[PDB]
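Depicted below, BI 2536 in association with Calcium/calmodulin-dependent protein kinase kinase 2.
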Amino acid sequence: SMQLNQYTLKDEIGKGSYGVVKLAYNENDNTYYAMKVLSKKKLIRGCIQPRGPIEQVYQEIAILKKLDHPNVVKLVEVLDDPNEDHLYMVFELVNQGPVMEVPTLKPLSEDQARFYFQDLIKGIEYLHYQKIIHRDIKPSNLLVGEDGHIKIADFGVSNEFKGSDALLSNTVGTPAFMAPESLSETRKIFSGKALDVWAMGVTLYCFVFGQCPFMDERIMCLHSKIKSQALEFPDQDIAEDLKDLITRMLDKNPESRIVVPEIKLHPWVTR
Ligand SMILES: CC[C@@H]1C(=O)N(C)c2cnc(Nc3ccc(C(=O)NC4CCN(C)CC4)cc3OC)nc2N1C1CCCC1
């Protein structure tokens, strides 16, 4: 292990382009946390020129500091010495980790999917209320806590807006979960809340089938399938109310796509 202020850093629980995540034991309160460790030098290294990479991280932090909800992760501390390369983001630990990796041969049951989907609705409703568009909803960003409920993580590409919805032009997120309106070659403008609904719909399909509705290892071909291919369900066999709900979330037109208030009232959700 190693010591970092009051924390004892232990097993590595994650890694990515961002850096790494360590299990961190706080010696003052005898509690485990998740510590994301980022290198400023490594971060330095709809196609708008975004703000710089360290600056994106501070935007993520600013968003996380506004959020306090049982189905959203909780940032507790940021350590950022101006004379050090590393930035540390300390979160409350979410015991059981990501709900699933996709693809998997082990999909969730319909009832287990409903349970988590209800948590996902509650978290997204809260985020939208707080004027945050998440932009990277997918199963691996939904963490299962000790109480068995999911929490929405990874606000790395999330947007904060003022007014009734965001007006977005940047094509960010995970390709398999991006909505068709975000994928035009033509520079255009799209609303944010519907992006999250689309991603929820892909997520729900993944929950019950273990594989995404649009799949291709070639990202260019994946984008084409999302824009042009009709949604199809395998033969293996889900309830018709579930197919209806997924179908409505995966409406390619964001003007007619189901909205969160309606999702809350859908038969599959309320049973
Ligand atoms: C801090 C970033 C983010 C967050 O926002 N919070 C709050 C968070 C809270 N708690 C966790 N917890 C755990 C996450 C992953 C694991 C785990 O078992 N990881 C494996 C280790 C071996 N490796 C080869 C494959 C992965 C265990 C966790 O808790 C015991 N993760 C969190 N994550 C991330 C979610 C994926 C990476 C970390």
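Along the sequence shown, residues are numbered consecutively beginning with 1. The figures that follow rest on heavy atoms only: side chains count, while hydrogens, waters and symmetry mates do not. When a ligand or atom number is given, it counts from 1 through the structure's own listing order. Recorded method for this deposit: X-ray crystallography, 1.8 Å.
The parts of the structure that belong to BI 2536 are ligand 1. Applying a cut-off of 4.0 Å to heavy atoms, one finds the binding site of BI 2536 (ligand 1) to be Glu12, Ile13, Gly14, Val21, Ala34, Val73, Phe91, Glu92, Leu93, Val94, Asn95, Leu143, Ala153.
Proximity to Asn95 (heavy-atom distance under 4.0 Å) selects the following atoms of BI 2536 (ligand 1): 29 (O), 30 (C). BI 2536 (ligand 1) is contacted mostly by residues of chain A from UniProt domain Protein kinase.
The shortest N/O to N/O separation between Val94 and BI 2536 (ligand 1) falls below 3.5 Å. Summary of contacts: the protein heavy atom closest to atom 36 (C) of BI 2536 (ligand 1) is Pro98 CG, 4.1 Å. As for UniProt ATP-binding residues in chain A, a heavy atom under 4.0 Å from BI 2536 (ligand 1) is present in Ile13, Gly14, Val21.
The atoms of BI 2536 (ligand 1) that sit less than 4.0 Å from any heavy atom of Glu12 are 21 (C). Remark: BI 2536 (ligand 1) atoms within the under-4.0 Å shell around heavy atoms of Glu92 are 7 (C), 9 (C). At least one N or O atom of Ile13 sits closer than 3.5 Å to an N or O atom of BI 2536 (ligand 1).
Measured between heavy atoms and rounded to 1 Å, the nearest UniProt active-site residue of chain A to BI 2536 (ligand 1) is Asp136, 11 Å. Closest to atom 32 (C) of BI 2536 (ligand 1) among all protein heavy atoms lies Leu143 CD1, 3.4 Å.
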For BI 2536 (ligand 1), what N or O to protein N or O distances fall under 3.5 Å?
| unit_1 | atom_1 | unit_2 | atom_2 | d |
| --- | --- | --- | --- | --- |
| BI 2536 (ligand 1) | 10 (N) | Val94 | N | 2.8 |
| BI 2536 (ligand 1) | 10 (N) | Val94 | O | 3.4 |
| BI 2536 (ligand 1) | 12 (N) | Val94 | O | 3.2 |
| BI 2536 (ligand 1) | 19 (N) | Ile13 | O | 2.8 |

